[PDB]
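Going down the sequence lines, the chains are called A, B, C, and so on. Residue numbering for chain A follows the PDB entry, covering 32-584 in order. The residue numbers of chain B are those assigned by the PDB entry, with the residues present covering 32-584 sequentially. Excluded from the calculations below are hydrogen atoms, water molecules and symmetry mates; all remaining heavy atoms, backbone and side chain alike, are included. This deposition comes from X-ray crystallography, 2.9 Å. Remember, it's 1-based here, ligands and their atoms both numbered in the order they're listed.
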2 protein chains.
Amino acid sequence: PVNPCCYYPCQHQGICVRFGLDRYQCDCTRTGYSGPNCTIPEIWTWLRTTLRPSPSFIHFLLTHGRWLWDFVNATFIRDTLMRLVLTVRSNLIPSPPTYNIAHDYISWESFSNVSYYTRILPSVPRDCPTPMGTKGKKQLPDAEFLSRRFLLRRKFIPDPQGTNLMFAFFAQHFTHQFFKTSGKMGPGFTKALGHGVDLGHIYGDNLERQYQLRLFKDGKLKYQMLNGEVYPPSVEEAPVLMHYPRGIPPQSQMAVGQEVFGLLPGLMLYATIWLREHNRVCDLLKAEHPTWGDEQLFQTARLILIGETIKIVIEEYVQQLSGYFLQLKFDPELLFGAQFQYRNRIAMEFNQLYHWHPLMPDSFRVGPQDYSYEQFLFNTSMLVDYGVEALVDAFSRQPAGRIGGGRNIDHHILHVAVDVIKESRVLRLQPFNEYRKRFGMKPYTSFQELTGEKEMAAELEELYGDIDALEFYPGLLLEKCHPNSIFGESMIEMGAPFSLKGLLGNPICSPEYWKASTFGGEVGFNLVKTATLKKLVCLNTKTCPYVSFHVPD
Amino acid sequence: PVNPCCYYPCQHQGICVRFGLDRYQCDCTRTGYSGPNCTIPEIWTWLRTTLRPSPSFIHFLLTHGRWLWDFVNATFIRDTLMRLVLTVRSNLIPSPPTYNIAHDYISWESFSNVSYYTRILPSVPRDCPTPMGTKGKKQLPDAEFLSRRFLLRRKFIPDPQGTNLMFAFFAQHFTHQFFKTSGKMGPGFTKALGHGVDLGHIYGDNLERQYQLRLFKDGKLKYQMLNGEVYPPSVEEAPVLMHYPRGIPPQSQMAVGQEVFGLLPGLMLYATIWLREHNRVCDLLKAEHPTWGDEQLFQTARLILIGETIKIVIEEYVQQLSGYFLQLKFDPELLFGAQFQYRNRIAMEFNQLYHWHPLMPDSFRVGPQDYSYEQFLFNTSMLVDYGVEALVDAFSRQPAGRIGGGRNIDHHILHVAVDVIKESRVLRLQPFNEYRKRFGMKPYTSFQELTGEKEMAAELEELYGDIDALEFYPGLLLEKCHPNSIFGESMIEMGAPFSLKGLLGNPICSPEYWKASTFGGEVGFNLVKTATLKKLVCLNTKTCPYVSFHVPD
Ligand SMILES: *[C@@H]1O[C@H](CO)[C@@H](O[C@@H]2O[C@H](CO)[C@@H](O[C@@H]3O[C@H](CO)[C@@H](O[C@@H]4O[C@H](CO)[C@@H](O[C@H]5O[C@H](CO)[C@@H](O)[C@H](O)[C@@H]5O)[C@H](O)[C@@H]4O)[C@H](O)[C@@H]3O)[C@H](O)[C@H]2NC(C)=O)[C@H](O)[C@H]1NC(C)=O
Ligand code: HEM
Ligand code: HEM
Ligand SMILES: *[C@@H]1O[C@H](CO)[C@@H](O[C@@H]2O[C@H](CO)[C@@H](O)[C@H](O)[C@H]2NC(C)=O)[C@H](O)[C@H]1NC(C)=O
Ligand SMILES: *[C@@H]1O[C@H](CO)[C@@H](O[C@H]2O[C@H](CO)[C@@H](O)[C@H](O)[C@H]2NC(C)=O)[C@H](O)[C@H]1NC(C)=O
Ligand SMILES: *[C@H]1O[C@H](CO)[C@@H](O[C@@H]2O[C@H](CO)[C@@H](O)[C@H](O)[C@H]2NC(C)=O)[C@H](O)[C@H]1NC(C)=O
Ligand SMILES: CCCCCCCCO[C@@H]1O[C@H](CO)[C@@H](O)[C@H](O)[C@H]1O
Ligand SMILES: CCCCCCCCO[C@@H]1O[C@H](CO)[C@@H](O)[C@H](O)[C@H]1O
Ligand SMILES: CCCCCCCCO[C@@H]1O[C@H](CO)[C@@H](O)[C@H](O)[C@H]1O
Ligand SMILES: CCCCCCCCO[C@@H]1O[C@H](CO)[C@@H](O)[C@H](O)[C@H]1O
Ligand SMILES: C[C@H](C(=O)O)c1ccc(-c2ccccc2)c(F)c1
Ligand SMILES: C[C@H](C(=O)O)c1ccc(-c2ccccc2)c(F)c1
């Protein structure tokens, strides 16, 4: 007989378990539903469904009416809604984590082995009639053809929200601490064992690397003085594994936490900033505690930087991304009266979701100059040539592309998106519509409804066959955006649960850790509480340039 | 200059932080106290501490008045009290974890590096006057002499609670899955990376060792047949590292999850029983799931055995140990309306505390025979000679030694108690009375108050000089026992928070995991819900012997 779990019969987070030769069962425990497929609502669930307004309506509320949002932000209601946003989003994410690439069920190996990426939905069973489950054709559309006809940028479509490259290089820098897909272990495995905001892109994913980057004096990391400016040390000074083109002199090579950060001047930009901040923090701690050893000066500074990161990510990064009129607030105290797990494991779907390559432009403007991909990529001198001030100013001024909408990835880095779809099929991700149902959305009934247009939608119908066969990453990028927004509903409704759970899931946000002593008295605590992007750059640079996640207009 | 944090100035879980040259500050955050030293109580704390009865009063209520308890056990008050027991006890344990041997302060390294045991109180700073802080003598009492004069058994004292050897072997077996101090890394480090009831003493501490034990057919572990009965295989069959005496060849050995288990027949007994159980569980699962592969059968059986372990420990093991009239209950659902982190880090203090070597008798009786320590230790054939049925009957009939009170450790295994004291001084553990205040108890004002008698008290007062200089492990064993109890209050009041946090902190007790599907349906879920020590033995044997955690009348 055929595998019945290929039909995804279990609704609203119910678990499909195969019993006997030809039967199956759904485990509807705490799903809010009863019945063989978990489609029969309990009194409380029915009372919530016909009173829950559509995700588009709630977006509309958050993006309109400046007058009432000014009132809300200046009252207690700011905290109420921030607590509401945090809980409701994160409660979609299983914690402790549930499945992985090896196991489409709960196991001890899935809990303990942190080298795995986790998954919210199980993979499409290996014995299903069609690659995506039961719907569609026996062979999925060509990955290269799909990227060429639907993802390749014709003309540059700029982001309507005013997102800049300063955001884009932050987005890449920040995420590369919890996205480190293994080379030797293959797909579904991660080198980033911290599984979140651990700053292993600054300190490293292991102790051997960390010790090698540390100066072991005053808690600082090693550095070099070039033209009177502070930069990460050379590989000769800090002998760590760094990915560079075979030939580049070791004098030009810079040693940082993440191995791929020397490839782009934008990545090595922030790496330099955070390094300068770390030592600046250490100087504030050594004054406060002159009896403190190097190790305490180091570890305490790290936690401050971790706190600063989450502060800026929530209140500035996610703020610009969402375009919400609600002034987002980083306050761990909000979740102290609630049932919240202070742990996090990175999901593969989040890894797939965060591929925001449409952000990258056609070229890179630095003042009167205009640098192409073949001038900007692997360039080692640029960062030192222009300096931190001059580059931050240029990245904060240049607009980034629109993520959603489709056909917005520059031809250079299109190969990446091709791999993402190929990787998706190795991982055996479920269809787009099943992830829609998992995140409390209605599945798309037609290809028309996904893209919101006639032409590109009708072409996909011919290639996929059935809408319930549309793939995870294509669906996300092909979906119509919100009125004047950077992407569609799915990117918000699916990404936020992963995102906010990752931020507030950090142990520093727990009642046990969120104390003044953790950060070395009140000084270190205020450093977290009052951190800003503007403060992160200018308190570490000679002059103060234009710095923001949005273009100046 | 003298370090102010040596004076332990911050009371009620206040964190001492060294500011400037010789100044200190207490971090009185969410402790319920304010002021310079966290002694000024908040409105609710004052109310809460004046109304709170002594631990000795609560002990009395739980151990007296059968008529009241028969009523309580038959009503929902059973569930009401057990939830209070669970939540109130385990809240005394910091989670996420706090300190280790490296850091006497909150750090990311302490959080992420699972090789470390955690600790509740920080160490005694190295720049203090006396090794125990400020109080006591410059040179601490001799570890060898201290165990000789106070801990050495003269005449055997049986436990008045009726605890048998079956309990003591379960205790040692059960504990060695989360107590595995890395002899090569040093004290404070652990090989048991699951940090709790992960069954790393049945399936090994690492992945490669697990696979060597696994038969890879029907989810079962490898096994050899002797006398028609099921036993763990040899190292020839399953090539894994086993700590055997020099000269004993691998073919004469038996392969299990814990390396040290070959050294004692009692440890090797339970290893056999749980292995028999796993394969027995696999048989039931295979009938219900013929489509299931090997991996899922093994992983699911493991979870079922984890659930079985926690059930028996709570409802029988802790029941016997406590001797409470309240019928204890394992139901994770009691915590589903509570703030509870489902994670556990094994403490170094919990290690020190669990060295229950007094339990071991003068000799070992197996029916008509009486084996000495030399005859019993490192024995290879005894298990195979008698069988499981016979030795279960044997250990369940012979009384185990009373833990507390003092002077009840056999000379053969007395060298352990010595090493524990010497390990504590390496670990720079805080005084006994400092842990008393840490676990809601009054510090002892004298040694006479600690012991109840007068002779031992006088010489301890001579050797230590001060009661506040007394060490953790000597203090736990020499303390007066509750009338007709196995040990004193400090073993309960300090040990209960660790063990209950360890048991319920297991991810299977979370709302996400605690589902029937996790255990392959209702069949596996019931096995967990109806687990017994009796059922663990007599469902894996041909005949059922006397099996209990206590002796017969
Ligand atoms: C959890 O925490 C444990 C720490 O308690 C971790 O175990 C420890 O791991 C460290 C490093 O991995 C081991 O190193 C020891 O620390 C000494 C510090 O002084 C160290 O001396 C220095 O070693 C440097 C290398 O790390 C060395 O620099 C040289 O590096 C290269 C050669 O390695 C070359 O490029 C050059 O020769 C450099 O000079 C420097 O010169 C010093 O000699 C020494 O190596 C020590 O061995 C610890 O042994 C170890 N502690 C233990 C086992 O107790 C553990 O890994 C953590 N767990 C996880 C999962 O991360
Ligand atoms: C033009 C600059 C960029 C280059 C050259 C680049 C390069 C790459 C490549 C080649 C991969 C896949 C590795 C493979 O071949 O298998 C990758 C992965 C990834 N990309 Fe980019 N990328 C760029 C921009 C960005 C930006 C701006 C973001 C925004 C967050 C981003 C997000 C990611 C993420 C999250 C991954 C997964 C990390 C991992 O490999 O584990 N990329 N990048
Ligand atoms: C006659 C049987 C026993 C023998 C021969 C014995 C001896 C030993 C030895 C040699 C060790 C390893 C070295 C050490 O840590 O001291 C050890 C560890 C330990 N034992 Fe026992 N003991 C016995 C009974 C018990 C009992 C009844 C308990 C109660 C649970 C117990 C609990 C422990 C604990 C908690 C450890 C520490 C584990 C570690 O960190 O390695 N032992 N014992
Ligand atoms: C890397 O980038 C640097 C920018 O600092 C490049 O140097 C500039 O190159 C342009 C031509 O593209 C010249 O017109 C400028 O005069 C150069 N500026 C400076 C300050 O030297 C450099 O060519 C790039 N390197 C590589 C290998 O592509
Ligand atoms: C539960 O989900 C299954 C998905 O397979 C539904 O399908 C079943 O019922 C259909 C209509 O009666 C039949 O045509 C299918 O053959 C049958 N599928 C199987 C595997 O037996 C089923 O209707 C759903 N049940 C309810 C109550 O809605
Ligand atoms: C957890 O992740 C994987 C599980 O597949 C482990 O890697 C495998 O280990 C086994 C036994 O050692 C090998 O046979 C496989 O070849 C390995 N697969 C790989 C490397 O892809 C890994 O060892 C585990 N990690 C930890 C920390 O337990
Ligand atoms: C622009 C098209 C008009 C449709 C009005 C949608 C506004 C959403 O209104 C929603 O109505 C639902 C009832 O259907 C309720 O359950 C929601 O709580 C309510 O807000
Ligand atoms: C004015 C009130 C709107 C602000 C409250 C935001 C509620 C949190 O956002 C909610 O996230 C859930 C989890 O993904 C989704 O299922 C909901 O549709 C979404 O609105
Ligand atoms: C009728 C007796 C049952 C009362 C339920 C109390 C169980 C909580 O246990 C309590 O833990 C406290 C914190 O660890 C200790 O200080 C108390 O002495 C202990 O009884
Ligand atoms: C209402 C609780 C306040 C009394 C706590 C006093 C501490 C006395 O302690 C307890 O007193 C009990 C009195 O019944 C005795 O039976 C116990 O053995 C004794 O330890
Ligand atoms: C606060 C707001 C909300 O939860 O709706 C929100 C939170 C997080 C994201 C977000 C989505 C994907 C990657 C990174 C962040 C997002 F797009 C919107
Ligand atoms: C239920 C009871 C209580 O909390 O008081 C209780 C719970 C756990 C222990 C216990 C103490 C030390 C090691 C193992 C178990 C104990 F001794 C008593």
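Taking the chain with most contacts, the partner of ligand 11 here is, per UniProt, Prostaglandin G/H synthase 1. By its PDB name, the drug at ligand 11 is flurbiprofen. For flurbiprofen (ligand 11), the other chains with a heavy atom below 4.0 Å are labelled A.
Of all heme b-binding residues UniProt records in chain A, not one places a non-hydrogen atom under 4.0 Å from flurbiprofen (ligand 11). Of the UniProt active-site residues in chain A, the closest to flurbiprofen (ligand 11) by non-hydrogen distance (1 Å) is A/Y385, 3 Å.
Short-range neighbours of flurbiprofen (ligand 11) under 4.0 Å, ligands and ions only: none. Of the transmembrane segments UniProt lists for chain A, counted from the N terminus, those with a heavy atom under 4.0 Å from flurbiprofen (ligand 11) are 4. Within 4.0 Å of flurbiprofen (ligand 11), judged by non-hydrogen atoms, the site holds A/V116, A/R120, A/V349, A/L352, A/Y355, A/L359, A/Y385, A/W387, A/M522, A/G526, A/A527, A/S530, A/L531.
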